[PDB]
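Figure: structure with VX-787.
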Amino acid sequence: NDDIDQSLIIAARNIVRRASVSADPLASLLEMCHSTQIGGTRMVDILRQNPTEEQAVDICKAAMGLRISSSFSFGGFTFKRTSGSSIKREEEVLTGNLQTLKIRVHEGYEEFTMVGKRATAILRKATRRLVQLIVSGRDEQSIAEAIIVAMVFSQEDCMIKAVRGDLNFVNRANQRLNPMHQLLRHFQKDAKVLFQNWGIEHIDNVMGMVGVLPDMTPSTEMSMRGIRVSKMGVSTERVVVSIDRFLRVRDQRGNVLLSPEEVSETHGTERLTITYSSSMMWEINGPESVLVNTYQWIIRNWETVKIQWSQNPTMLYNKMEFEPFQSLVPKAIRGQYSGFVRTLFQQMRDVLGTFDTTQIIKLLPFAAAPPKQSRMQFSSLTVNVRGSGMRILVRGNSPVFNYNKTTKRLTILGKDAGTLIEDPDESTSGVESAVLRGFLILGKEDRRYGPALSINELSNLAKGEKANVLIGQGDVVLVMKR
Ligand SMILES: O=C(O)[C@H]1[C@H]2CC[C@H](CC2)[C@@H]1Nc1nc(-c2c[nH]c3ncc(F)cc23)ncc1F
């Protein structure tokens, strides 16, 4: 039952990481935790009774209104205050790149332990001043990680002055990181200016403790100011917290104890099966599994989908289940697809007797994104699966979308998305109301209305005239305007 904690952590990290790029991360996070199982058992039942303290596991607990440890995480280190106190106060600072940052400065004298995977440390600090850091670690990278984190955490001015270049770090949701994570990211990328301008001191002789120079060389004579490396150098109060929309967890006094930027990037492999049900975890098996599941999901929920489509489309379009598919749509074009498809849907609602089940299913995931309006008459819509742009044809079949009108079996890149059931609202006349934006196809080629136009000269017609248009290769049909 150590194997549960191990697998609960793997599952919580995945879920938080997925949640934070979603539209509503707190909503997505709870949805996925109620969705998931760890070896037969509901995740949310393991979270209510398992005492494991880890960054992602605690974000989840916070989301379920549970109580978690008051320690906080910064740069992957768990800080536990061992003595002292501090007050918050807001300050503006000028970096070494003459950028202006508004920082939440802490004033007071404080002692902390910092605990990490590959190094731990004891830290003493005061207002904008590091007083002492004793760090022990597996190798020079680990020690250095700890030292960088303590240096940014001290908030000292020479750290601020050590910035080069501008700080514009964002997360995957393109949201700016708060300034302390701005500075920490900048120095995690390269720390030599920071180490060289920090300052050097002669050191006293103490058993089991050595100095460290700006190039991570050990020294029995000198050391970076206030820093020592030790050899043997090396948690139970739980409090009520608040979790806001973007999963930043706070304590009563408004300190951010945990956020998604504090989740470890390590990706281990479970020793118990983890089973995600959420649509959010479809992408686990590649964009192909996204597409199949999207269309599969629509078939299985057809009865609720068909009536929300018919009377409350706003809530249909905004559903959580359509976010994964939306990733696969080029961000440049997705809004104009959405605006194209929503109009075609509205034509099918307004012009009655022309309900097409296969067509609604095909285009429905494209209406998720915000409707930007265009006038291009898309003949196909594109989704990128592993870097290549596959196309769904607005009219007819396709490797991506292949429906079989007799067997009624829908196929998605090969795999069987299901089978459609007989629906009386299905139109029997050949009128297609959801292929051409602003136009209605009325069946086969009829020569008495003229010879075949092409699609770019449909604009030269106005207020519902009746023309034949070359829709494909050889395929000619009769199309009227609204
Ligand atoms: O801004 C916050 O509230 C966060 C972000 C910036 C550093 C910590 C981790 C992320 C900080 N969280 C917390 N800081 C502190 C905190 C105490 N003394 C400090 N001196 C400098 C500092 F910088 C933060 C602190 N206490 C509890 C926290 F929970």
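What you see of chain A is 252-485, 490-737, where the numbers are those given in the PDB entry. Order of appearance sets the numbers: ligands from 1, and atoms from 1 within every ligand.
The name UniProt gives to the main binding partner of VX-787 (ligand 1) in this structure is Polymerase basic protein 2.
In this structure, the protein non-hydrogen atom closest to atom 13 (C) of VX-787 (ligand 1) is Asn510 ND2, 3.7 Å.
Remark: VX-787 (ligand 1) atoms within the under-4.0 Å shell around heavy atoms of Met431 are 6 (C), 23 (F). Using a 4.0 Å threshold on non-hydrogen atoms, atom 5 (C) of VX-787 (ligand 1) does not count as touching the protein. Nearest protein neighbour of atom 17 (C) of VX-787 (ligand 1), counting heavy atoms only, is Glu361 OE2, 3.3 Å.
Of the protein's non-hydrogen atoms, the one nearest atom 23 (F) of VX-787 (ligand 1) is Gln406 NE2, 3.1 Å. Remark: VX-787 (ligand 1) atoms within the under-4.0 Å shell around heavy atoms of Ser337 are 17 (C), 18 (N). The shortest N/O to N/O separation between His432 and VX-787 (ligand 1) does not fall below 3.5 Å. When non-hydrogen atoms are compared, VX-787 (ligand 1) lies under 4.0 Å from neither the backbone nor the side chain of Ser405. Here is the list of VX-787 (ligand 1) atoms found below 4.0 Å of a heavy atom in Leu512: 29 (F). Near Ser324, meaning under 4.0 Å from one of its heavy atoms, VX-787 (ligand 1) places the atoms 9 (C). For the residues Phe323, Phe330, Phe363, the heavy atom positioned nearest atom 15 (C) of VX-787 (ligand 1) is part of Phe323.
Geometrically, VX-787 (ligand 1) and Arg355 share a nitrogen or oxygen pair separated by less than 3.5 Å. Looking at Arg332 against VX-787 (ligand 1), nothing comes within 4.0 Å, counting heavy atoms.
Which of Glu517, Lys376, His357 comes nearest to atom 22 (C) of VX-787 (ligand 1) through a heavy atom is settled by distance: it is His357. The protein heavy atom nearest to atom 21 (C) of VX-787 (ligand 1) is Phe404 O, 3.3 Å. Across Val403, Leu428, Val511, heavy-atom proximity to atom 12 (N) of VX-787 (ligand 1) is greatest for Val511. Heavy-atom contacts of VX-787 (ligand 1) within 4.0 Å involve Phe323, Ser324, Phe325, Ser337, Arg355, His357, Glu361, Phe363, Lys376, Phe404, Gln406, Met431, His432, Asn510, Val511, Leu512.
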